[PDB]
A.B. asks: 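I'm staring at tolfenamic acid bound to Prostaglandin G/H synthase 2 and have questions.
Letters go in sequence order (proteins before strands), and every chain restarts at 1. One-based numbering, in listed order, for ligands and for the atoms of each. The figures here come from the full heavy-atom set of this structure, side chains too, leaving out hydrogens, waters and symmetry mates.
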2 protein chains.
Amino acid sequence: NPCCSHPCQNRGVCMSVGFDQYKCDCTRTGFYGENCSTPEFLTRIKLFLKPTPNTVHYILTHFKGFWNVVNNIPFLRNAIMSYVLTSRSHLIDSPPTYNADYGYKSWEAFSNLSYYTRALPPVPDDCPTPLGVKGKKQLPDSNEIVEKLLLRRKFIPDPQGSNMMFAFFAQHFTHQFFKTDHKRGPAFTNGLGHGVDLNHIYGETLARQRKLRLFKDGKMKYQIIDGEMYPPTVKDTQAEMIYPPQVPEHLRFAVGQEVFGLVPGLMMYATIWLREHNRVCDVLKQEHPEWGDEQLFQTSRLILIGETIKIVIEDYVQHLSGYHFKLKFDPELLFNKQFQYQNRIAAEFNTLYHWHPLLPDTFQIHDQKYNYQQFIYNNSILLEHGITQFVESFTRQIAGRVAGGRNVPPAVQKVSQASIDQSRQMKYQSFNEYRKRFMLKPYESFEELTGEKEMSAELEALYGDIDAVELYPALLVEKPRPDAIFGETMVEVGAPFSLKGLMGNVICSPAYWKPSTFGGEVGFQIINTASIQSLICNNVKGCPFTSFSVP
Amino acid sequence: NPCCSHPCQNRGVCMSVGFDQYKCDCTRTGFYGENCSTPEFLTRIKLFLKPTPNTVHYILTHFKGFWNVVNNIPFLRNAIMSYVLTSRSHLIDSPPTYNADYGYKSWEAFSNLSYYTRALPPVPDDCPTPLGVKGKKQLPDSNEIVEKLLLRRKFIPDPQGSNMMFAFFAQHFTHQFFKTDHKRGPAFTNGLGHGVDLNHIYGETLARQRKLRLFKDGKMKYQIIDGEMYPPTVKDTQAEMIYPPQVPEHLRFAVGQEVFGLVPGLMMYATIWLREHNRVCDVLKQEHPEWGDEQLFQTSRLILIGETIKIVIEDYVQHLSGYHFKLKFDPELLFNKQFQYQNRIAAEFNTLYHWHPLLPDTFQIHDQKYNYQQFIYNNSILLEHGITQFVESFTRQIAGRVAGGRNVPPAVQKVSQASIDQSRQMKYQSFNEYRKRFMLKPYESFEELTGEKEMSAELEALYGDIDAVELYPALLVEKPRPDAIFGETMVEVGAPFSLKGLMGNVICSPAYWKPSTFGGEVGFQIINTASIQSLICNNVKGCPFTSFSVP
Ligand code: COH
Ligand code: COH
Ligand SMILES: *[C@@H]1O[C@H](CO)[C@@H](O[C@@H]2O[C@H](CO)[C@@H](O[C@H]3O[C@H](CO)[C@@H](O)[C@H](O)[C@@H]3O)[C@H](O)[C@H]2NC(C)=O)[C@H](O)[C@H]1NC(C)=O
Ligand SMILES: *[C@@H]1O[C@H](CO)[C@@H](O[C@@H]2O[C@H](CO)[C@@H](O[C@H]3O[C@H](CO)[C@@H](O)[C@H](O)[C@@H]3O)[C@H](O)[C@H]2NC(C)=O)[C@H](O)[C@H]1NC(C)=O
Ligand SMILES: *[C@@H]1O[C@H](CO)[C@@H](O[C@@H]2O[C@H](CO)[C@@H](O)[C@H](O)[C@H]2NC(C)=O)[C@H](O)[C@H]1NC(C)=O
Ligand SMILES: *[C@@H]1O[C@H](CO)[C@@H](O[C@@H]2O[C@H](CO)[C@@H](O)[C@H](O)[C@H]2NC(C)=O)[C@H](O)[C@H]1NC(C)=O
Ligand SMILES: Cc1c(Cl)cccc1Nc1ccccc1C(=O)O
Ligand SMILES: Cc1c(Cl)cccc1Nc1ccccc1C(=O)O
Ligand SMILES: *[C@@H]1O[C@H](CO)[C@@H](O)[C@H](O)[C@H]1NC(C)=O
């Protein structure tokens, strides 16, 4: 297969022509030639003027005084934010194209929502090497890579100051659209909403939703334990959950996502968001004493969706980016732009989001420490301390650095191995191919990748060729930005996926984005004034201080 | 419920506040005020310069010499076609909003693909009248509406000269996205693709597709009978069809759409498209001897989707419109425009497409006449005469006029009544509410509507108030355009749904509209040179002349 070498540059589409030849489709690439590598004139001007992402990053993370001014000039701030959204979004094909089973456009690949979609097509089945033509005939042993490059010896804290509130928010939020269907395989998902539909609160199916709802005042079922609201049980709802046999029945909390009983940190956010829904129901009832249970429920969900997108953009990504420029959730920024209000979750987005180096060696709640053996699947811990103590504790506890290598806790070691193995089962192209796909220069050496001599040597001994290095391992050992949680590739590849999932949500479309959609101005304002602090403040006893970084 | 009166004008959203008050959301409507009735400064100017659709239609259906020149000036033709697409599309909400069960925006209504979507929300339940406030407490008897207004007395042929090739193409083509799920209710569909996916050729599910495919050379299973290609049998495929018990095994033809055994006219087009699929397979195999069965099949399907959209726009709609301006299928026209590449089938689009007055009193194949008892479920007629004769016969037979009233054949009289009854089940707003929704002046009397005295008198006797006339009956009794098949409302309501379904298709998006998507320039050219004539010419023996109008 002549396309095995990935001849076509700059998004050119490769097509076999006979058995020994290929043809590159250069349509609207800005290039031409046999391999789409010759630039047209305006492309040359664009490339000459375009600053490197590391330069843009430097500028956005320095000159605080300058950004303080920009931030307070709405006209400028809006123009910048608008540019951030459209420029990054252009990197995503929407409607989607490839999946694990199709390296060419097909109706199956487009129409079948059970697949994760693909930013780069799978490597053809009949290639001389598993990645195309580069690297050895067999990839390095999964376990070797994990042990040599990814396994944590000494905990490395995040220099950006990310805390456990950030880590569990990341896990909680993303697990509404990262829902791998392992019955089928890693290529498939159970999140057919393909974005931020809050199914991890309300359930994927209507049947599950009905089990969780109270059908009074639009609210969700709950328990009152030690004076506070908690989610209901499997018994009361009949909504299935993943729990080991050890967990007693009355501790088997039931929420939207079946897996959120895994850790108390997830059950914390599930608890918090449950309280928010029922709180919003109270608000809306005051506004609409004439509304039935149905409209109260639905309208609350639309509000909580807006709250989610609001918080993610202006607190989560804000913290995550390190930018002094103040990000803004404002759908109106895009109303005069070309933009597709739809999304399909990319498998590569799932892969890059395996941020298990965030996880600590032990979890500190109040004044007690828990190892993984006793923290996992233990909801009594949650009842023992209550939500307030959890927020105060997690806000103070530092998370680990994601990039930089050797920071995956031994407890979730096999998870890292599974993330590598599943990439290969899904025929991912190389790390350098994904760099080029997102307009980054490919790395020329292993030492260039890590910015260091030790790991780069293990990399060379394992891979031999820099173009044979795989996506997921490379992301975690890549040289971090200066005092940053991530390296260049994580950000430039991840950001476009993220923004498409956030702004591509239906509520951001002009027909939806208006007061009447959310029950009037009061409801509309709950979205537009939402923050991670106000979320905690409204639903957590005592209204503790919280933030995505440690004080 | 104060919103029962539909107080909010110009796409403003009505919302109840307390038990006795309403609110109008005027956001981006171009109007303000209590009922969104007062135009903004810009809106005044636009309104003053906007010509009436009847004027636009006059211009487009006159000045033949002028349009002949415009059609040959690519610059002008493109600009005009571009405007047609963009202007008509702004009238559809995309992503979709309401459905039968939700007259307010909700995630259930957006996300649940099993519903037909709604252009206007359902009349709320506890309303003074079925339509809102207008009309009597009880709607007129539906069978009385049919006999008095819709039932054919003498056959009225279409002045635009539409033939049976047109009639059966309309039925065949639209029945891929009009797939009402009657075991669930009129408000639901089985066509989850919600557009032009050719599921009526390939099957809705992968399981059905697999029964119909040959899994050799990308082809679909088939029979050779009398030296000609026909669809395979139910026995050979195990693909379920709807056939009454009398139909013998060997005449039970199996195709994508379960119901296409209903009439030989449908099965005619099913046969022609099946032939086209396997013809394209042969073309692609020549272009790509290295390709496997799967890629050959998928690429053919995408080409046939391209052919379908091409033919619908440039032959079907072309004839339908009566326009002298030459409509163009060209996705490139929208690449610099705002446009959503997605669609959701509207229940109202389904309703307005019940063009059963098209049907003749008898079906004349060759020198034979067939009544409905003889013609329906009778594929023996298809084998007896063959496809060539069917084309020759349907091309020469005239269809009936749709607007103007009293032209529904007695044979499908109950289908007409079903349309009315089912629309009442789904709680459609009045005919005049739908006029306003698509920027038409509401009719001030029954005479203005029908442009006639008998039926207008019949309508007032049944409805009393012109604002109480229902959607479906009004569409059929409406004053046609001069020597036109349709009245104003059918066109101005229908065209947006149609274009949105056609151009909203994924293959029209810039990522897809590439020769590489369709196997190269040859495959690409099949799409861009397709016509109803070339479809027949390529797959019908003798290459008979055909057209959507009678000679
Ligand atoms: C982004 C942050 C994040 C965090 C903080 C986090 C924190 C934790 C955590 C906290 C104590 C524990 C016990 C685990 C344990 C697991 N996680 Co993560 N996970 C995270 C992102 C993910 C993602 C994404 C997946 C796979 C998604 C999928 O396909 O279901 C995942 C998968 C897993 C799996 C199964 C992977 C497989 O079978 O292939 C286990 C087990 N994990 N994780
Ligand atoms: C647009 C042209 C068109 C034509 C030419 C046509 C020609 C014919 C025809 C020719 C001999 C016959 C016997 C019928 C008979 C029927 N049609 Co039409 N139909 C057409 C458009 C439709 C549409 C649209 C529907 C409803 C779609 C749905 O929901 O399935 C329909 C529905 C029906 C139904 C189901 C009604 C119900 O279940 O309540 C029957 C039966 N019919 N039709
Ligand atoms: C899209 O909306 C459909 C209509 O609401 C919905 O179908 C409904 O699904 C529910 C639950 O799946 C069915 O519930 C009935 O059956 C259960 C079975 O145990 C019983 O508890 C009750 O008898 C209950 O009434 C509804 O019957 C069904 N309604 C219809 C008209 O089909 C779909 O599930 C929705 N689609 C998605 C993807 O959520
Ligand atoms: C989206 O793609 C999925 C993967 O191809 C597909 O799942 C596949 O569906 C087929 C057809 O139902 C299954 O067929 C197998 O099961 C039947 C059951 O009787 C048996 O005859 C055979 O053993 C047959 O192999 C596949 O097993 C199944 N594959 C997987 C991995 O789940 C979905 O159906 C597609 N979605 C849609 C809407 O079409
Ligand atoms: C789950 O966490 C709880 C903490 O709330 C653990 O329960 C404590 O166990 C110690 C020693 O067994 C007792 O002295 C405490 O009184 C317990 N606390 C409560 C509130 O009952 C429990 O051991 C943990 N479960 C696992 C499997 O580690
Ligand atoms: C279905 O169509 C066939 C014709 O294709 C009808 O069969 C004909 O019936 C007449 C009178 O009954 C005979 O004189 C012909 O010899 C038959 N021709 C063939 C080819 O069978 C048949 O009657 C039709 N079915 C119905 C129910 O009317
Ligand atoms: C969006 C964005 C900007 Cl603008 C800058 C910097 C980062 C992001 N985002 C992300 C980047 C990488 C991985 C995940 C994300 C995420 O948002 O979830
Ligand atoms: C699109 C269009 C134009 Cl531009 C003019 C005139 C007619 C149409 N179309 C339609 C109008 C009414 C009902 C159906 C259709 C259809 O196309 O199926
Ligand atoms: C395109 O790439 C191929 C490698 O497959 C190379 O042999 C050829 O010289 C390249 N063509 C150009 C114009 O760079």
A.B. asks: In terms of chains or ligands, where should one look for tolfenamic acid?
C.D. replies: ligands 7 and 8
A.B. asks: Find the other chains whose heavy atoms come closer than 4.0 Å to tolfenamic acid (ligand 7).
C.D. replies: A
A.B. asks: Define the binding site of tolfenamic acid (ligand 7) with a non-hydrogen cut-off of 4.0 Å.
C.D. replies: A:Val84, A:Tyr316, A:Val317, A:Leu320, A:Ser321, A:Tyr323, A:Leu352, A:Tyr353, A:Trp355, A:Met490, A:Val491, A:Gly494, A:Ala495, A:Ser498, A:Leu499
A.B. asks: Report, in ascending order of atom number, the atoms of tolfenamic acid (ligand 7) lying under 4.0 Å from any heavy atom of A:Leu499.
C.D. replies: 1 (C)
A.B. asks: Return the UniProt-listed substrate-binding residues of chain A that have heavy atoms within 4.0 Å of tolfenamic acid (ligand 7).
C.D. replies: A:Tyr323
A.B. asks: Nearest protein heavy atom to atom 4 (Cl) of tolfenamic acid (ligand 7), by residue and atom, and its distance?
C.D. replies: A:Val84 CG1, 3.9 Å
A.B. asks: Please report which non-hydrogen protein atom sits nearest to atom 11 (C) of tolfenamic acid (ligand 7), along with the residue it belongs to and the distance in Å to one decimal place.
C.D. replies: A:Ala495 N, 3.5 Å
A.B. asks: Measure heavy-atom distances from tolfenamic acid (ligand 7) to each UniProt active-site residue of chain A and report the closest residue with its distance to 1 Å.
C.D. replies: A:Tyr353, 3 Å
A.B. asks: To which protein heavy atom is atom 6 (C) of tolfenamic acid (ligand 7) closest, and what is the distance rounded to 0.1 Å?
C.D. replies: A:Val491 CG1, 3.6 Å
A.B. asks: Which protein non-hydrogen atom lies closest to atom 1 (C) of tolfenamic acid (ligand 7), naming both residue and atom, and how far is it?
C.D. replies: A:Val317 CG1, 3.6 Å
A.B. asks: So, looking at chain A, which of its UniProt heme b-binding residues come within 4.0 Å of tolfenamic acid (ligand 7), heavy atoms only?
C.D. replies: none
A.B. asks: Please report whether tolfenamic acid (ligand 7) has a polar contact with A:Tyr316, defined as an N or O pair separated by less than 3.5 Å (distance criterion only).
C.D. replies: no
A.B. asks: What protein heavy atom lies closest to atom 18 (O) of tolfenamic acid (ligand 7)? Include the residue and the distance to one decimal.
C.D. replies: A:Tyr353 OH, 2.5 Å
